[PDB]
Q: 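This structure holds estradiol. Let me ask you some things about it.
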Amino acid sequence: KXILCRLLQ
Amino acid sequence: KXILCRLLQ
Amino acid sequence: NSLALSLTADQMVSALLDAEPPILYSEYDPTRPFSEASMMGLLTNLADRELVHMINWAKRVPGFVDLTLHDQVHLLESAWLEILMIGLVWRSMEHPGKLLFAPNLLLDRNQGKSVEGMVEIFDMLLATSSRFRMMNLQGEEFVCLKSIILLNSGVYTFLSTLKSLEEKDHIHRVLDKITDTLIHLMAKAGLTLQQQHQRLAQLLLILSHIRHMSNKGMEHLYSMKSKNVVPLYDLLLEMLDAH
Amino acid sequence: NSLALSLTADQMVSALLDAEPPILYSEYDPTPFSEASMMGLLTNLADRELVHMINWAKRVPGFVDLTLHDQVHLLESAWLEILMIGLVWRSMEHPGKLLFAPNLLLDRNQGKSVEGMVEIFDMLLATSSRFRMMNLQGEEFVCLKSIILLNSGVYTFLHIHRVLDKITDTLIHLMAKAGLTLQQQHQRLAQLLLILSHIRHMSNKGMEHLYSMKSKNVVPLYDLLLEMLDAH
Ligand SMILES: C[C@]12CC[C@@H]3c4ccc(O)cc4CC[C@H]3[C@@H]1CC[C@@H]2O
Ligand SMILES: C[C@]12CC[C@@H]3c4ccc(O)cc4CC[C@H]3[C@@H]1CC[C@@H]2O
């Protein structure tokens, strides 16, 4: 949960 | 078991 | 082959405007409590009726009847809901924030909450409707789109005889013909060559969203059929069993 | 706004060909499949591809100009469509077969290895045959994948359109330069866009399939794969 917003970061 | 083909045929 | 392939853009438009089904009125009782079971019965009753007229309309779309009975059945089983939906968004264009299921049945986002997992779908329908409004979609364009749906939806899901190859071939020829018609409408309206391509693209892209809404709607309808809130309408149930 | 809106069709194509992710190899070799081994193989490959995918999205003109929230929403909504079109594309030269990886070419039957899988295999194959038939070009393919990324979740949203128009422009340019007439250009543009709504459909069935396979406890719970799966 949240992994995506970080990778796009 | 066959309404569509009746109306189509 | 097919006589549909020798129509002029204007004859094509004429054919489709002519094929248009009648706009049905809901046959319900306004003095009954809004509930998951009453709502589903209302929308589901309307849908079932529209499917009978839908089958008549399909027979009038150029190129359709040239298909085998089996292919005709497939196409309709694969597009009946997209068709009910695009028809819905179309007559809901002039009704911001509302869905005009019938002339005597205009609902809005909030009456959708009346049923589980329904509001999301209402929002999508309304979103599409807004998009058509924003784009100022024309009736001539609308009928060209609905036909593209009826013919394009289940073609990549047929099967594999030599016969099916000729069928898919035929379908693609009619689809091209219809694209010709859309461009013709757009050119006559006075859009440049670039505006023509861009709009054509914008409209076709909206179709994949309608396909998506269709998939969610099937799942929803099927689940409601598990909760037992869907009357045993012979045709609707059949079309829903297709998938 | 966006620098992507000031690219020439040729620059646009160049950007897209540049952003192409690597073609991964399966990290295991089957050699008799089984529902659990098959799902682990395909699912393992997909999870990895999603990492490269995220990198790729960051390189598609106009994508990074969106908020982190919209970016997240676009990928959650199109990841499978993107994995699928990538699949059909590299499976073009393999009639009746799906080239999931250079070292993992399966065919319809091996699809029977998994429940409710063959139908999806058949649809994918149909798409691949269609592209073959249409002689889809690489330059056209990367324009299609970008239209998918940007167009999939935009109305499930509650700039993008400008970039979509640009991409349509590019596709017409490719078609014009190839020698097609104005009529053949519009027809093909329509034929390609139409195939997109079918890929959308395969994506929806795919989601349902993947989700059921999870319930059956046959799929290894990969972190990123699941997040993308749950997104919907
Ligand atoms: C199939 C559903 C009932 C019938 C509804 C309908 C009924 C008639 C019509 O012309 C359009 C629509 C769009 C949404 C449909 C609904 C989506 C979920 C619900 O189960
Ligand atoms: C998501 C599934 C596993 C992963 C498969 C995959 C995995 C990698 C890839 O590049 C493309 C595809 C297309 C079909 C996908 C399948 C559809 C059903 C299955 O659950």
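Each sequence line gets a chain letter, starting at A and going down the list. The numbers used for chain A are those of the PDB entry, and the residues that appear cover 1-9, in sequence. Numbers in chain B come straight from the PDB entry, and the residues shown are 1-9, in order. We're sticking with the PDB entry numbering for chain C, so the shown stretch reads 304-462, 464-547, in order. Here chain D follows the PDB entry for its numbers: 304-334, 336-462, 474-547, in order, are the residues you see. Hydrogens, waters and symmetry mates play no part in the numbers below; they use all other heavy atoms, side chains included. Both counts, for ligands and for their atoms, begin at 1 and track the order of listing.
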Q: What is the name in the PDB entry of the chain with the largest share of contacts to estradiol (ligand 2)?
A: estrogen receptor
Q: Can you list the other chains with a non-hydrogen atom under 4.0 Å from estradiol (ligand 2)?
A: D
Q: Would you happen to know the UniProt domain of chain D where most contacts with estradiol (ligand 2) sit?
A: NR LBD
Q: Which 17beta-estradiol binders in chain D, per UniProt, sit with a heavy atom less than 4.0 Å away from estradiol (ligand 2)?
A: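 By heavy atom, within 4.0 Å of estradiol (ligand 2), the UniProt hits are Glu353(D), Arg394(D), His524(D).
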Q: Specify the residue and atom forming a covalent bond with estradiol (ligand 2) in the deposited structure.
A: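 In the model, there is no covalent bond from estradiol (ligand 2).
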Q: Heavy atoms under 4.0 Å from estradiol (ligand 2): which residues of other chains qualify?
A: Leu346(D), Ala350(D), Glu353(D), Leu387(D), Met388(D), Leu391(D), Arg394(D), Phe404(D), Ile424(D), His524(D), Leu525(D)
